[PDB]
*Asks:* 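Bortezomib (bound form) + Proteasome subunit beta type-5, experimental structure. Questions below.
Order of the sequence lines fixes the chain letters, A, B, ..., with proteins taken first and strands second; residue numbering starts at 1 for each chain. Looking at the header, which is where the method is noted, we find X-ray crystallography, 3.0 Å. As a textbook-style caveat: the illustration shows part of the entry, and contacts are counted within that part alone. Both counts, for ligands and for their atoms, begin at 1 and track the order of listing.
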Amino acid sequence: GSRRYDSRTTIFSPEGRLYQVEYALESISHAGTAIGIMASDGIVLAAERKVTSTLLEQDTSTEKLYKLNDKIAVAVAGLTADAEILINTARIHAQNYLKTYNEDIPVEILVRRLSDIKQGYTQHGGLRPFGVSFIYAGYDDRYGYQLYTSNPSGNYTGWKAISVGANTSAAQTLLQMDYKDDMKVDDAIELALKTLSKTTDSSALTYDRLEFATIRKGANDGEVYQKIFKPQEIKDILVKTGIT
Amino acid sequence: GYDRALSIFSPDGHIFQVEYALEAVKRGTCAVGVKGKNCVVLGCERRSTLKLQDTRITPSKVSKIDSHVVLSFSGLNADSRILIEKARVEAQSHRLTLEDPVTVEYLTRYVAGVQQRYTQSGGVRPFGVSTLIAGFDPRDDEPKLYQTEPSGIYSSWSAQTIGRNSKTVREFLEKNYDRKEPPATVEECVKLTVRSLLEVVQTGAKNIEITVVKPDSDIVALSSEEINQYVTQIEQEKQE
Amino acid sequence: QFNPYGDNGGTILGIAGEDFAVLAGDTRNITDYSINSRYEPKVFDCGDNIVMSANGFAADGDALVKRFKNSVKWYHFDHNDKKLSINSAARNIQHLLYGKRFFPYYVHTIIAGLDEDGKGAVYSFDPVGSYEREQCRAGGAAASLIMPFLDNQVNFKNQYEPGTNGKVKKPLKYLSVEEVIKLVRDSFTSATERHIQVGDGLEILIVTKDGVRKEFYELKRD
Amino acid sequence: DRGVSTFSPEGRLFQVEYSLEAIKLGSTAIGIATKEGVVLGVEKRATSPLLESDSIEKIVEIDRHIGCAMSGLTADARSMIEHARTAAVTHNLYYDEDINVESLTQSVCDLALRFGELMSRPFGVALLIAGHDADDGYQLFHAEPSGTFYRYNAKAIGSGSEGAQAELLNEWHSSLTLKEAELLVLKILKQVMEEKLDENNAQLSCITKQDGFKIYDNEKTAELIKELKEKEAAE
Amino acid sequence: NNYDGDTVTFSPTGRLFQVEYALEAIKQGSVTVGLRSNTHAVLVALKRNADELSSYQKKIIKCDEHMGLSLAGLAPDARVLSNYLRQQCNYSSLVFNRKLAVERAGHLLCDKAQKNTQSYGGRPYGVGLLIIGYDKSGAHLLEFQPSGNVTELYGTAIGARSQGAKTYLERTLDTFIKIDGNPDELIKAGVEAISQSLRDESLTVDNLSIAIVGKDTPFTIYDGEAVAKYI
Amino acid sequence: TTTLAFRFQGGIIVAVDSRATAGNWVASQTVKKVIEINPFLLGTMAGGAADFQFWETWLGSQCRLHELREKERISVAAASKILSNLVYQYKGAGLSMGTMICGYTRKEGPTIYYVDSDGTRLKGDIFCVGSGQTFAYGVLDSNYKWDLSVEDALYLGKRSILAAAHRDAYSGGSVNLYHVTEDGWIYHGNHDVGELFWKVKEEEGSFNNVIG
Amino acid sequence: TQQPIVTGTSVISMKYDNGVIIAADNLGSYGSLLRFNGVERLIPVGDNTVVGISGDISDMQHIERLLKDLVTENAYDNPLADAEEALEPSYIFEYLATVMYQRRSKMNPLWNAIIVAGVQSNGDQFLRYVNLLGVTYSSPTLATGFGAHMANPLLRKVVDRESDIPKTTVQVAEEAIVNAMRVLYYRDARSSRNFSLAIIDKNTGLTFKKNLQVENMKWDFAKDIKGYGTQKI
Amino acid sequence: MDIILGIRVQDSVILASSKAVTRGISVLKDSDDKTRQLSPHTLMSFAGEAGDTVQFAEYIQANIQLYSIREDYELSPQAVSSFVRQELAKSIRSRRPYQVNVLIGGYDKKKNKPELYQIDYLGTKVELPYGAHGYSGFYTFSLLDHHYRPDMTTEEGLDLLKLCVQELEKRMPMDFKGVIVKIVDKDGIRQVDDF
Amino acid sequence: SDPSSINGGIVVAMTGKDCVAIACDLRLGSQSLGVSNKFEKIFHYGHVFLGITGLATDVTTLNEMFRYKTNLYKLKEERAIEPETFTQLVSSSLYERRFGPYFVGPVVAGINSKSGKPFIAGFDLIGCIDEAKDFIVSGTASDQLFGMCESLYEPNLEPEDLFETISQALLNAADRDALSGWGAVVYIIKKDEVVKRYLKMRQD
Ligand SMILES: *[B]([O])([O])[C]([C][C]([C])[C])[N]C(=O)[C]([C]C1=[C][C]=[C][C]=[C]1)[N]C(=O)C1=[C]N=[C][C]=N1
Ligand SMILES: [Mg+2]
Ligand SMILES: [Mg+2]
Ligand SMILES: [Mg+2]
């Protein structure tokens, strides 16, 4: 019967690893590097588009940075198609929570929900896992500014600064070196770009090969603003920090 | 639906998927449980390969199932959340129907039952998780500490450890834990728990988590400085 | 509108002796003011020395008896030909009846036999499954005519011993199978006189350790 | 790979035969049936001295008149016990009486072969079901994952089964007392057990018509162990 | 070889190996004999024990007052099939107030076993059955194989060493068919038939199991000291 | 119907009548309106019912299953709530039942729970349920104290049912008494009202209205 | 739940010494309208049973197809379909009785009163009634609708109890049935003159008589009846 | 006809709820607490159809307690009230709706403000300074309209509450056997044993 | 009994010159009993305003539902929903509950950000769109509002004149309705500024 052709996606290796999760992570390691850096007064999300073309329409493009609600955003590393499935689910969960409790969803609760969905694909259903790793940048009134990451295993963890995708080993070393706790957003912006500039597989880091975003309390009085950077604004911040 | 029998017997009478789930537990960070005369302590290893972490928001290793019962674990982190959630629901469900919170034995038996169900259900793999469930039964001052594993077997322990290098810390506990006279105070019990982790952990900085549970829903998690004082006192006595 | 229930009339009577039990019932079957049958057996031997009758709506009555007979059969298969005790049969019937709690068997069920000590036993049910062991029970249309007479002549209610004037009750002496049948026959003869749905014939099933025996008697056919 | 409900060329179900191998690895359990009662005894086999042995529950009550001992993947037994307890109580509800030990055993064994591609595999545990009823008296049954159950006068299952069964072959007779049977279980357990038999690593139980199913205290078993040692040293 | 992994796969020579492996489970099973006359039908079964402490596995199952079978192979599969027969015999009675024909009972078993041989996931039944009965067309004896093939016979035997008892019946055909109105002599012939399949062991009181159905004889099983008469 | 149950020093008294009626017709005078659920728990019946035969017998199966699983006697609170949660699922479906689940455990002490077909579940010291409940309440309230002997408490329960049996047309037949301690319930006689009335009248000097 | 539309009236029947007789008129009424004058309401099954049906005609036609399908099904894998394992009256009745009761239990009844008349294998007379409620009963005489009220009294004067059955010949029994049919024509406002009659005898088998008519009627005395009391002309 | 009352003062919320339980002709109990603690700083009183009331209150309680354990965090009164409203709004279009009216009195530890929410069985939520369900409001609101201030102390609130209960005891036909009063403030929930 | 008049309340919307006005009372009641004088019936999603009369639980439910849907709309479309589009969304949403409807009388009002054109629309409880040029009315005093609006209204009113007209239309209609009143709110909406005014009215 059909058993003959079943890959058996949800099984353990003799060593106790989940084959498909491990291989999905291998897929993600070839994806464009995404970095998240959390500061005292805000969060930075920086991400590298993969070998773009001159004919790619950049200003209407979105492959890395997505908005989940007004307070929470995500950086994607892996299959974009897979990420969008999860992103739409996450957007709905945030709205469900809002409708139920009449309050914006806490960042961790949203992260746990998505991570639980990813976990489900590793334990039951016989389907392949989502080849996606997220960086969650968000804010709520309990914990303030928060950085999380989830991967195909469904495991998530909190971070002060973190990278996903390509050259994370090199990237995480550079972040670990220059990161300090009393750091500010403007400094975090500079660190994020400097890290990508050194870990990139491209010859030079340019505005057309980047997506960038900041979550700031830099909004008029006690409230939070999400800023998805435009191509011209990424070009300006590249000149300001002294990379181009 | 996906019905495939993933957990099955082999010629030598083994269910490899259950055994490979134990190998995932072996890979997991060390977790230890020690019960004193009037308390239980849950120690947990935090691997220091991950720095630049945000310890405020990072999922803590020890999880409250109810106000009087806690659950730590070794193995796949994602899998543990599914067991914990189910356990937390069952805890509230038990209070709702029986009008009395779960006993530590009952809660353990439920979790172990879930784990077992996943070893002979179609289309699912076993949980790559072993748990240490600890607490105090309602209106009871006798400490409770139970262990579970992927196969679904469970049992009570005077002291127990699970996860990576658990063989070493179990060796330590077997010679250092006396049944006739267990750790009389909270201090003695925490000290013994930290000592046992120091056999494996590496550095005694942010790599050790300690959670003390006492009778009548009195659960508290020790901070870095409080734990660091135990680490300092242990090594100063050792220099002799 | 369709009315799924009907009244087939009739009347049944169970009396428990010391080492025997009888379950009697008239053989007349009716609708409204017409006679369907002058001889339509209503009391059945169900095996294991148990006799049963489900009086009221014959379709539900025949369905219930049929299902219990079936239950006895499957009790033998599932439990190594074990004899179904009267107390076990009674509880089994409760579950059959209550199984249709929200669309009831419109019947008044009575079973008779011997308990595990060999003594006479009669159990009585309502339509929705409630049951109780009794020494004496009439069921069906003319139950209201018969039961008061049985209270008086079986349990000796309101009867006292001459000379004492209400102080000493009449002693509850046991009744023989011949004595019981006399009371059964007089009950149905009297019920026939004053109830239009009772008559034609009286069929009695007697249960002893030796087995199940049948007796038939004519009743007035008007 | 291959089907779960596949037959071998010899005419056996692979998965059932492989589950029997798992039961051979399990801890020893012995049952002895007498006219004064049935005795059930098990090897606890704690994997470490820190494990509180009194929490090892390998002897279990199904009803007041039926007990059960297990051997093999004991986690698999839990649902079998739950079914057995439900079956026993459910029958009492329907029939206002105790359920026959054979009928109970049959109900348990019906689950055994409900596996395919229902549960995903056979049970990895064998059960000794001991009890009493009015019809057939004191009974001991051996329930396998094959769906087959044999009645026994005495039976040993687990790692030391064939060695213990041979010992039960000689020692059992139809005029055994309950006290004699208790000692006989302890004797044979001590013989096949790796570690030295005591009240903490071995457990006794019995089922009598009067008192019903009882698990023995560690104080009560300790005395029977001391009584055994003396009677063996007596000759 | 490559075509025995499941029941849904024919071999290159057009064989169903999973069915044939299920057929093998019968040959491993203990011997049982069936035979009939014009008035009565008899089952004789050699029960098997695990050891001396164990009981002897029951081989004969009653299906109705007028029908029942003996098994050889996986006993639980016989319990499933016998249960199905019990329901079919019972459906015939409750609905049609009609005792189920033995021939039609065979047709129902054949069709139930067949569905398991053509579908993926399931497996063939691992048991052979000898169904005896007395219906409106007299006494009957059927042989059920889990391939689906059901066969009405005068006499037969299935299980280990069953060829000896089957040859004996093939010789005695003319004699035992004429045993009308005599249950004890028909059983004697059945006991003498099953004796041809014995080696080393002989027929003891708790070893032998006999059943009989006939004209004025409900299906009844004889075990223990009830069969000491025929040893 | 008249059924009562009250907590006191010696544990719990439970007293019920015996009559069952279909309209004005007296169906039975011998009805057991106390389901002996197990050896430690009692349950009463009232309300045009006997639905409670099935469901409180069923409750006994659930209580037995509980103590098999948990190796511990079920609490009166847990037992009562299994029944109340069950009838709540069937709410809207049929007629009107009312019960008192009575028991004595170590953790709770003597406990009574009024469970109701509308889903109501009330813990309390005194309860009277049935068509003759008001008559029973009258005798009970005026004579109830916590410091009552087992002998006097039994009588008060017996007398309260008798009061209702007399006035309420749908109560009567006989009185079934029960006394509940944690060691178990103890049965205290079936008392025919026909004989009990004249006995109580003469001895107590009550019922002067009636001629005897 | 429905209401009957096109309806068939009385079906009358009785036992006699060697078998049974059953009869029913050929009318399918549409309320007070006597709509259909050629409806056969006696439906034979094999050569040993006749099912007489009253009530809803659409449901009758459904039952007719079930019986037709029953014969087909019984013949499948049945070498003795025309011999030992042929359909019996008792088999056919119990089947219908099962269906009628099942349908009432789903609150969707076959709106009929049925009488299964026939002769068994052993020569015993079979005569049993079943209706929309699943109610069943047997008697020496059985009749539906108006037949119950008018036919039974007449048929019971011939066979009042079981012991009168061997004393009743086929000629006497048929005469009683034919007379009963006439009485029903006098007094049933939803009956017709034309009817069918069936005799199932254990010796002579099944005799099915179609296109019978009520004859020898008394109407002459009508001429003498004038007004409603005082009128003379 | 059960009376359940609520009043939000300066620094606390006070909920009064009748003690009577009437099953037709008789008062079966005169000491019934018609309230459940959903979380340490959130109390819900309730009144409606028998059975439904407690079943609903305990179901809500269990859900909030589940949330508290999962997140190790107490939901705000506003959040709990919104959850409760949704459950009733869901309920009203069910096969068999919950026939339960509730008052949710909670102290928000974040904003340091007491909050009183009135929600009926239809799922009609309103935040109020003082609220009631059933016929209770008809008598009490006129007194509360007159005497209420937002800056009242807890003791002043209790006095105003006594005045409401006295008016109910005077003019209501049903004897509700007095009320159990509970206070919800920064320090949690406590019961006024003498009232 | 009648769900649409248990809680009571009214909403009215009008168009002016380069502006729209939407207004509502503040009453929530349980039939005769007044329960709340702060129950606002006008909500907004971006620059699109929605007033809802009828059963209060459904008013709340629908507000929460359209907040839900307009938020997802914005995330995907990367722009705020327009009045014309929202009107269709309201109609769709209401009609999907055709045989179990929300007992409401919604009123959309707002200015199209791109064309600058003033827009108002009303609905029945099952989704029928009434896209009027002049004015829309809804609630328990809709008859009264129809009478006021039909006489008081004139086209091309300036924002500060339109305010007076809609305010008087609401106030005098609410005073002839037992289940409406207890305060009132008026939203004056222009292309890039919105003024909200609470009116002083009789509190009976
Ligand atoms: B009691 O009067 O409430 C009584 C309790 C019952 C458990 C025996 N109820 C009845 O007797 C009811 C009728 C009734 C009378 C008054 C109030 C409520 C109900 N009768 C039955 O339950 C009944 C009647 N006939 C047979 C079986 N059961
Ligand atoms: Mg007459
Ligand atoms: Mg009275
Ligand atoms: Mg409200």
*Asks:* Could you list every ligand or chain that corresponds to bortezomib (bound form)?
*Replies:* ligand 1
*Asks:* Identify the other chains in heavy-atom contact with bortezomib (bound form, ligand 1) at a 4.0 Å cut-off.
*Replies:* C, F
*Asks:* State which residues lie within 4.0 Å of bortezomib (bound form, ligand 1), judged on heavy atoms.
*Replies:* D126(C), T1(F), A20(F), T21(F), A27(F), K33(F), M45(F), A46(F), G47(F), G48(F), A49(F), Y170(F)
*Asks:* Could you tell me which residues UniProt lists as binding bortezomib in chain F have a heavy atom under 4.0 Å from bortezomib (bound form, ligand 1)?
*Replies:* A49(F)
*Asks:* What UniProt active-site residue in chain F has a heavy atom closest to any heavy atom of bortezomib (bound form, ligand 1), and what is that distance to 1 Å?
*Replies:* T1(F), 1 Å
*Asks:* Can you peek at the PDB entry and tell me the name of chain C?
*Replies:* Proteasome subunit beta type-6
*Asks:* Which chain residue and atom does the model connect to bortezomib (bound form, ligand 1) through a covalent bond?
*Replies:* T1(F) OG1
